[PDB]
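One structure is given below, encoded as structure tokens.
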Amino acid sequence: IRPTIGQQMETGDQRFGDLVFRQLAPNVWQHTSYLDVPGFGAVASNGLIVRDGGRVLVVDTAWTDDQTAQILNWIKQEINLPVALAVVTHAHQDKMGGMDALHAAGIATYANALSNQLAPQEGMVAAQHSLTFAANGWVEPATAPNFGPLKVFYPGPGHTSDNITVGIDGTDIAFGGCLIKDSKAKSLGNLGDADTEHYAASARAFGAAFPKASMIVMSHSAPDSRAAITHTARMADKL
Ligand SMILES: CC1(C)S[C@H]([C@@H](C=O)NC(=O)Cc2ccccc2)N[C@H]1C(=O)O
Ligand SMILES: [Cl-]
Ligand SMILES: [Zn+2]
Ligand SMILES: [Zn+2]
Ligand SMILES: [Zn+2]
């Protein structure tokens, strides 16, 4: 789609409307949507789709309701199984812009309690359910019922104070959202809402939470190696 930011199209990718889908594993797909900033071009944002038996789980919306409805259409066409729930990884437009489409479809939505509290101030609609976390960052399991392979971890403040991450159990994939940047990145992206003091520790805590994940998925670059984690932390060390 030639985005100004985000990965470019490659052989594995499937174009569907204005979105791009890439299979990462037999049961995991990356969804990519684009926001056109006037005079600046398209910014890509990635999330995940995970099949868990007879149901589908989603991580992050697209930028908009319409794009998010297109994700649901793609799932309907290509997988033809119901979406059980969606997790959104913090209260910004690239991750929560499409909440209304999820709610219209009857899909149960989950976010960090802090994301839900921040959502009005960030121009977002809150998720219908709040996740809470232990002092070491692991989600309280009572707040994440029937999450299947999704293992939710709060690594500490970084890109935002509310950013969360998700490992996919039964695979070697973990999703760092906007916290993690790729191994070739020259910046940490938008630090406007960031905690620059704690960023490096939070990036490394994500790595330690999922020590055997070899494929690191993130919001604005193609999936990368664990060097994404180490490079992000090294960049954050200089903050
Ligand atoms: C890609 C970014 C630099 S922008 C994005 C986030 C702000 O965090 N911003 C939004 O979601 C709102 C937005 C609206 C219109 C155009 C760009 C961003 N996330 C940043 C990041 O991951 O580093
Ligand atoms: Cl903002
Ligand atoms: Zn953000
Ligand atoms: Zn803000
Ligand atoms: Zn982002």
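The first residue in the sequence is number 1, and the count goes up from there. Order of appearance sets the numbers: ligands from 1, and atoms from 1 within every ligand. For this deposited structure, the header notes the method as X-ray crystallography, 1.5 Å. Scope of the values below: all heavy atoms of this structure, side chains included, with no hydrogens, waters or symmetry mates.
- In this structure, the drug found at ligand 1 is benzylpenicillin (bound form).
- In this structure, the main binding partner of benzylpenicillin (bound form), as named in UniProt, is Metallo-beta-lactamase type 2.
- Of the protein's non-hydrogen atoms, the one nearest atom 1 (C) of benzylpenicillin (bound form) is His220 NE2, 3.2 Å.
- Remark: minimum distance from atom 21 (C) of benzylpenicillin (bound form) to any protein heavy atom is reached at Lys181 NZ, 3.3 Å.
- The nearest protein heavy atom to atom 23 (O) of benzylpenicillin (bound form) is closer than 4.0 Å.
- Listed by number with element, the atoms of benzylpenicillin (bound form) under 4.0 Å from a non-hydrogen atom of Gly189 are 23 (O).
- Those atoms of benzylpenicillin (bound form) that come under 4.0 Å of a heavy atom in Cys178, given as number and element, are 22 (O).
- Considering only non-hydrogen protein atoms, atom 14 (C) of benzylpenicillin (bound form) sits nearest to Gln93 NE2, 3.4 Å.
- Remark: distances from the non-hydrogen atoms of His159 to benzylpenicillin (bound form) include one below 4.0 Å.
- Among protein heavy atoms, atom 4 (S) of benzylpenicillin (bound form) sits closest to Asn190 CB, 4.5 Å.
- Here the heavy atom of the protein found nearest to atom 15 (C) of benzylpenicillin (bound form) is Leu35 CD2, 3.3 Å.
- Checked against UniProt, the Zn(2+)-binding residues of chain A with a heavy atom under 4.0 Å from benzylpenicillin (bound form) turn out to be: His92, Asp94, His159, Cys178, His220.
- Contacts with benzylpenicillin (bound form) closer than 4.0 Å are made by no heavy atom of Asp193, backbone or side chain.
- The list of other ligands and ions under 4.0 Å from benzylpenicillin (bound form) reads ligand 3 (zinc ion), ligand 5 (zinc ion).
- Here the heavy atom of the protein found nearest to atom 5 (C) of benzylpenicillin (bound form) is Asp94 OD2, 3.5 Å.
- Under 4.0 angstrom from benzylpenicillin (bound form), there are no non-hydrogen atoms of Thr160.
- Considering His90, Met124, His92 only, the shortest heavy-atom separation from atom 7 (C) of benzylpenicillin (bound form) involves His92.
- In terms of protein heavy-atom proximity, atom 13 (C) of benzylpenicillin (bound form) is closest to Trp63 CZ3, 4.0 Å.
- Of the residues that UniProt lists as binding substrate in chain A, those with a heavy atom under 4.0 Å from benzylpenicillin (bound form) are: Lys181, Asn190.
- Less than 4.0 angstrom separates some heavy atom of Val37 from each of these atoms of benzylpenicillin (bound form): 16 (C).
- Within 4.0 Å of benzylpenicillin (bound form), judged by non-hydrogen atoms, the site holds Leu35, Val37, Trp63, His92, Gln93, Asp94, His159, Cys178, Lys181, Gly189, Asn190, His220.
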